[PDB]
Asks: 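Clomifene + Isoprenyl transferase, experimental structure. Questions below.
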There are 2 protein chains.
Amino acid sequence: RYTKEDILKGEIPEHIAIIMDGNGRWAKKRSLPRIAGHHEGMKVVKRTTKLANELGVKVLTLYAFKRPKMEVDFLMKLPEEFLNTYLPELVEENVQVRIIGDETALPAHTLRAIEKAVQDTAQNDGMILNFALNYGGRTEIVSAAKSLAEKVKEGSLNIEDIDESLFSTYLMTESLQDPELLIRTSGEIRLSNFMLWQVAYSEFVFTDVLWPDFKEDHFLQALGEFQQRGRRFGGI
Amino acid sequence: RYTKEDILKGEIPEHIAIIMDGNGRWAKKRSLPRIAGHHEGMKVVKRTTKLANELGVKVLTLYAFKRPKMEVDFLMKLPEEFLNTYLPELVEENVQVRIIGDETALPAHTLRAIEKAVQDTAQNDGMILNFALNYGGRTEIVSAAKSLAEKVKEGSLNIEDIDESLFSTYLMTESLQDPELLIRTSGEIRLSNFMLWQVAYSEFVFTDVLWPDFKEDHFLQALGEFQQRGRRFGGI
Ligand SMILES: CCN(CC)CCOc1ccc(/C(=C(/Cl)c2ccccc2)c2ccccc2)cc1
Ligand SMILES: CCN(CC)CCOc1ccc(/C(=C(/Cl)c2ccccc2)c2ccccc2)cc1
């Protein structure tokens, strides 16, 4: 219903966090192998990234969350295929690439590619493409707690100086703003341990559309849902 | 659609956390004053509490979240009216009453009534009636962080002993289990800073029904939604 020219008339969130899910369900739905669904999801990452760069979005976060060895090794090579394919098309769009999570659970060849893509994009000031690999909201909160405790132990930080502001700075999204919008696909209505502190005041849009089928139109429909939320009477 | 005898056939969550919202919208909808809507919400708390005690629920958490002086003072006296009216009917049902949040933002007369109701219900082992007054998820997380930092400063706790388990114990819901189900009313699809750590793996049910209109039937329908979620193929 909502077209591109209707969404550009409306407010564009500055930070959108999408939960990409349903790659496997989409492979079964199409009688394809699972790794094919993960490949298609990798391509949807790019379509969405370009669309969000067009719309004025400033930060865009992506998260994708047992599996046999083959599928795990295929997944841990998708970042390299994604960067060896679309990194020139992203530096051309002034997009900064960053990664949040535990990088130590990636193999070296993948981390080198990731780090190179980050460093070739640090001098940019356009949209931010934020990837969550091996990311746990609870483990982020506990690690911020533990670093704060380290600083208290050394004596460089007094316990009465800790507040919501200082605590946000110790999260993996420190130089970032909280997501104005959260999107979740595959039909699940949960958070599944993603950015718990950050989605406190975030509008949640849920949708049964699987992540490979989430192209330009469904993203626009999600933005129309958001914008209509913004323009609801009755008060609060 | 789902009757009581259909819901009792299915799985009953052990911990349900409801976000009571829309008391004001319900007062306007019925041309009543706002304080009347808060009174009706107070009565719905009891209907729901009895229904959940019937269904086998073990813990039931309730949260209700600027206003003119009159409405604030009326609200801070609703706990006493609620306890002076329904506390015998709750001790008769073996319900334990507890309160989480900042109690120091209540006046003394209210805190004395609350504390008395807690102490007259400590010797019970039935359902738990958990009230969130002046409760902030972010402030709960930061306070747990700060107590942990205090224990590290004194030397009674080493920083390598802190984990998701130990961190849960420092939240206001320490002796409690995470909510299997979260319900939110008034049509809003957000969390609004409620139990961020706890709803990590919690099924969220949203409903436009205002909290005064949330009687027995809508609670059953929410439980049917949950139970149908539990019995969905396609996998994960
Ligand atoms: C098997 C290892 N898992 C943990 C189980 C963690 C590592 O898996 C992942 C590997 C790649 C990605 C990923 C993309 Cl672009 C992807 C997006 C949508 C659907 C599927 C893959 C990516 C590529 C480059 C940078 C950042 C992200 C996400 C998780
Ligand atoms: C004005 C003060 N606010 C903060 C703005 C905090 C204090 O307000 C509140 C006062 C009472 C309650 C409340 C009940 Cl039962 C209630 C439930 C549903 C709808 C309206 C009221 C209650 C009674 C006894 C024990 C526990 C809860 C909740 C918040």
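Residue numbering restarts at 1 for every chain, and letters A, B, ... go by the order of the sequence lines. Just so you know, ligand 1 is whichever comes first in the structure, and atom 1 is the first atom listed for that ligand. FYI, side chains are in, hydrogens and waters are out, and symmetry mates aren't considered; it's all heavy atoms of this structure.
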Asks: Which other chains have a heavy atom within 4.0 Å (strictly less) of clomifene (ligand 1)?
Replies: A
Asks: Find all residues with any heavy atom less than 4.0 Å from an atom of clomifene (ligand 1).
Replies: A/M20, A/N23, A/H38, A/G41, A/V45, A/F65, A/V72, A/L75, A/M76, A/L78, A/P79, A/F82, A/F131, A/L133, A/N134, A/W211
